[PDB]
**Student:** 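As an example, take this structure containing salicylic acid.
Every chain is numbered from 1, with letters handed out A, B, ... down the list of sequences. Every number for a ligand or one of its atoms is a count from 1 in the order of the listing. Side-chain atoms are counted along with the backbone in the values below, which use heavy atoms only and exclude waters and symmetry mates. This depiction is restricted to one part of the PDB entry, and every contact reported falls within that part.
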Amino acid sequence: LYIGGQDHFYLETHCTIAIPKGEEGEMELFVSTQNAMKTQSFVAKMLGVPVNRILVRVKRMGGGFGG
Amino acid sequence: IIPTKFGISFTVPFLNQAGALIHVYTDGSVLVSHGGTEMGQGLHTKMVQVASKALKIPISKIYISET
Ligand code: XAX
Ligand SMILES: O=C(O)c1ccccc1O
């Protein structure tokens with residue numbers, strides 16, 4: 001038996017705004033995510049900066065569904 | 001030559017209260033937040049020094065972003 005995959009089709013697609021604060025690697029992000037923690041870590045790791053520098057804000061998502 | 005004495009506390013008793021909030025993220029970096037503001041007096045500098053002493057970790061792992 002086979003079962004085909006599936007697209008999430010959340011009406012709102014992926015989206016991020018990043019604000020760099022110019023001081024000490026600080027960055028503030030607005031993002032359509034179910035996972036602000038991994039968002040914060042992945043961004044810290046890419047920048048080579050401690051996690052305490054990165055702030056992620058999530059008001060609402062237009063759908064997530066695991067995607 | 002002149003001396004001075006100066007009383008320490010708010011003369012309204014209920015103002016002598018103070019909160020802090022601390023997060024340690026999973027890379028061990030620390031985010032300190034407290035009710036004080038920075039106006040140049042080096043409050044945040046002093047709070048990082050207190051936190052580093054209280055936690056027994058280097059100052060470089062501790063951060064104060066804003067009030
Ligand atoms: N309207 C709406 N309803 C939704 C979601 C959504 O995006 N929009 N998605 C699902 C998913 S998919 Mo998942 O384990 O990350 S694979 S768990 C999960 C679930 C997560 O929300 P709690 O029930 O824990 O509050 O919401 C459900 N209902
Ligand atoms: O007693 C003070 O010095 C004081 C200072 C600021 C605000 C309220 C106060 O009572």
**Student:** Could you list every ligand or chain that corresponds to salicylic acid?
**Tutor:**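 Short answer: ligand 2.
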**Student:** Main binding partner of salicylic acid in this structure, as named by the PDB entry?
**Tutor:**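 The chief chain, as the PDB entry names it, is Xanthine dehydrogenase/oxidase.
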**Student:** What chains, other than any belonging to the drug, come within less than 4.0 Å of salicylic acid, counting only non-hydrogen atoms?
**Tutor:**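 Those reaching under 4.0 Å with a heavy atom: B.
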**Student:** Considering the heavy atoms of B:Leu15, write down every atom of salicylic acid situated less than 4.0 Å from one of them.
**Tutor:**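 In order of number, 8 (C).
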**Student:** Going by the atom numbers of salicylic acid, which of them fall below 4.0 Å from some non-hydrogen atom of B:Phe10?
**Tutor:**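 Those qualifying, in numeric order: 1 (O), 4 (C), 5 (C), 6 (C), 7 (C), 8 (C), 9 (C).
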**Student:** Return the residue, atom name and 0.1 Å-rounded distance of the protein heavy atom closest to atom 3 (O) of salicylic acid.
**Tutor:**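 Atom 3 (O) of salicylic acid sits closest to the protein heavy atom B:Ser9 O, 4.2 Å.
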**Student:** In the protein, which heavy atom is nearest to atom 10 (O) of salicylic acid, and how far is it?
**Tutor:**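 Here the nearest protein heavy atom works out to B:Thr11 OG1, 3.0 Å.
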**Student:** Which residues does the binding site of salicylic acid contain at 4.0 Å, with heavy atoms considered?
**Tutor:**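 The heavy-atom contacts are B:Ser9, B:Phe10, B:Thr11, B:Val12, B:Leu15.
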**Student:** For salicylic acid, list every N/O pair with the protein closer than 3.5 Å, one pair per line with the distance.
**Tutor:**
| residue | atom | partner | partner atom | Å |
| --- | --- | --- | --- | --- |
| salicylic acid | 1 (O) | B:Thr11 | N | 2.8 |
| salicylic acid | 1 (O) | B:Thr11 | OG1 | 2.8 |
| salicylic acid | 10 (O) | B:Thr11 | N | 3.3 |
| salicylic acid | 10 (O) | B:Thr11 | OG1 | 3.0 |

